[PDB]
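These notes concern the structure reproduced below.
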Number of protein chains: 2
Amino acid sequence: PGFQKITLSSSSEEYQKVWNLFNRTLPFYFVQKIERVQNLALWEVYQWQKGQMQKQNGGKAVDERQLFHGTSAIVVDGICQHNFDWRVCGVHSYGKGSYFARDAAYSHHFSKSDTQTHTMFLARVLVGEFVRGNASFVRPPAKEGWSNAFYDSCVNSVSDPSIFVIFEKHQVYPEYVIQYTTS
Amino acid sequence: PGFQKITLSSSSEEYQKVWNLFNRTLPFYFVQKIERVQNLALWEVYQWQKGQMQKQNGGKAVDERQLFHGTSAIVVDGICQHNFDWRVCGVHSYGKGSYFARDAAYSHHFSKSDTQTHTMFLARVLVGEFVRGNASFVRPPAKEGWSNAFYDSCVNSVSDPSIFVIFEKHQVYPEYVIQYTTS
Ligand SMILES: C[C@@H](COCCC(=O)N1CCN(c2ncc(C(F)(F)F)cn2)CC1)Nc1cn[nH]c(=O)c1C(F)(F)F
Ligand SMILES: C[C@@H](COCCC(=O)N1CCN(c2ncc(C(F)(F)F)cn2)CC1)Nc1cn[nH]c(=O)c1C(F)(F)F
Ligand SMILES: [Cl-]
Ligand SMILES: [Cl-]
């Protein structure tokens, strides 16, 4: 089995936090469901990655963000079980990694349906320290002035990031599935 | 459940037919397993599509081919349950459709692993009547001199095709999964 999706009540704090983040940039759309994803196997490897990044950061808390990923309904269960893996599709770019967006409105362009109902993840991402990306990058580049340290993620802007590229699947947990309609 | 994968004995006729087709263009590689995919739901919709194409062809047999598709191991079960759907990834082309290759050696470029073991489908495809494709095509174009008939698939060459683009998932059954190594 591996995972459960728990449908949230729309009057719950947990639902309202996810809804608020979605509604911030897709206010003209209508949310039909929000499910919490429970996959203890994906959460264990995420927490292990986090502990490794925390140690490498002097023992201080790693930069961790909730970021959107628009998908097709048909892969949702595959991602809840196996996580995001950019190697399924490739990219043809800010890096050959999985992409996540700050804005639901940006991830909406990648939620394909042929139907009224669209699906989007809100994922938990250990972005850590980031730098601008490049379409050649297969992993994040070295930090200047360090002989033995690399960035954790690539972005569009360091002063103002809105897209993140993740090269390691253990840096992501697919935390929530959002179903919505555009009318 | 939906599907079973039945591992074939390597001394069976059924295994030798698949192996022969793979070995034709990847003779330097080593096949480790061949599984027959049994999904009665995917086979029913394939046979219904076939009957529709047969009626449209004057009741005569539709052009049907065994064509390769290289994948990652992580989507194999998803395809055995849900079939090929090009809308998972998009294309960025001979058409926005699922691609299949005559030659295993060509599909090998899309079998990603980070391991020794690679995976490839041999799918059953109702290619029907075909015409050259184009990166704009979202479905196959009209037949010249017909007011109410379209092609069934797009290709690279009509006199000599080697790549097929399929826009309708009911035109494909994922019949066999091939695992092989490159050493
Ligand atoms: C510009 C575009 C680039 O996208 C890069 C592709 C990507 O990141 N992928 C695709 C394949 N994937 C996956 N597929 C099936 C499975 C399972 F489980 F079935 F095997 C697992 N993983 C992991 C995610 N950016 C997108 C693309 N899609 N959605 C957005 O939100 C965004 C962006 F940029 F807005 F965040
Ligand atoms: C040039 C390249 C263009 O490929 C076009 C993409 C394509 O056809 N796809 C990708 C996504 N897909 C799928 N993904 C996950 C699922 C599930 F179940 F997880 F949801 C279902 N469907 C259906 C197939 N051509 C390839 C690409 N890959 N392999 C080859 O052999 C070839 C070619 F051309 F050599 F035949
Ligand atoms: Cl990834
Ligand atoms: Cl398709």
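Order of sequence lines = order of chain letters (A, B, ...). In chain A, numbers come from the PDB entry; the residues present are 496-587, 590-680, in order. The numbering of chain B matches the PDB entry: 496-587, 590-680, in order. No hydrogens, no waters, no symmetry mates; every other heavy atom, side chains included, goes into these values. Looking at the header, which is where the method is noted, we find X-ray crystallography, 2.0 Å. Numbering of ligands and ligand atoms starts at 1, following listing order.
- According to the PDB, the drug located at ligand 2 is RBN-2397.
- Here, the chain sharing the greatest number of close atom pairs with RBN-2397 (ligand 2) is referred to in the PDB entry as Protein mono-ADP-ribosyltransferase PARP12.
- With a cut-off of 4.0 Å on heavy atoms, the other chains touching RBN-2397 (ligand 2) are A, B.
- For atom 10 (C) of RBN-2397 (ligand 2), the closest non-hydrogen atom on the protein side is B:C584 SG, 4.0 Å.
- With a 4.0 Å heavy-atom cut-off, RBN-2397 (ligand 2) is reached by no atom of A:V583.
- Scanning all protein heavy atoms for the shortest distance to atom 19 (F) of RBN-2397 (ligand 2) gives B:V570 CB, 3.8 Å.
- When B:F661, B:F607, B:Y603 are ranked by how near their heavy atoms come to atom 1 (C) of RBN-2397 (ligand 2), first place goes to B:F607.
- Lab note: per PDB, source of chain B = Homo sapiens.
- Apart from RBN-2397 (ligand 2), no ligands or ions have atoms under 4.0 Å away.
- Heavy-atom proximity to atom 9 (N) of RBN-2397 (ligand 2), evaluated over B:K609, A:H587, B:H564, is greatest for B:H564.
- Proximity to B:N578 (heavy-atom distance under 4.0 Å) selects the following atoms of RBN-2397 (ligand 2): 18 (F), 21 (C), 22 (N).
- For B:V586, no nitrogen or oxygen atom sits less than 3.5 Å from a nitrogen or oxygen atom of RBN-2397 (ligand 2), counting backbone and side chain alike.
- Of all UniProt domains in chain B, the one holding most residues touching RBN-2397 (ligand 2) is PARP catalytic.
- At the shortest separation from atom 29 (N) of RBN-2397 (ligand 2) among protein heavy atoms lies B:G565 O, 2.8 Å.
- Taking only non-hydrogen atoms, the option from B:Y596, B:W581, B:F563 nearest to atom 25 (N) of RBN-2397 (ligand 2) is B:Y596.
- RBN-2397 (ligand 2) does not have A:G573 within reach: every non-hydrogen atom of the residue lies 4.0 Å or more from it.
- Between B:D580 and RBN-2397 (ligand 2), at least one N/O pair is under 3.5 Å apart.
- Nearest to atom 20 (F) of RBN-2397 (ligand 2) by heavy-atom distance, out of A:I569, B:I574, A:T566, is A:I569.
- RBN-2397 (ligand 2) is never approached by B:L562 to a heavy-atom distance shorter than 4.0 Å.
- Considering only non-hydrogen protein atoms, atom 6 (C) of RBN-2397 (ligand 2) sits nearest to B:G585 O, 4.4 Å.
- The residue-level binding site of RBN-2397 (ligand 2) (heavy-atom cut-off 4.0 Å) is A:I569, A:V570, B:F563, B:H564, B:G565, B:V570, B:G573, B:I574, B:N578, B:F579, B:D580, B:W581, B:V583, B:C584, B:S595, B:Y596, B:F597, B:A598, B:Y603, B:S604, B:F607.
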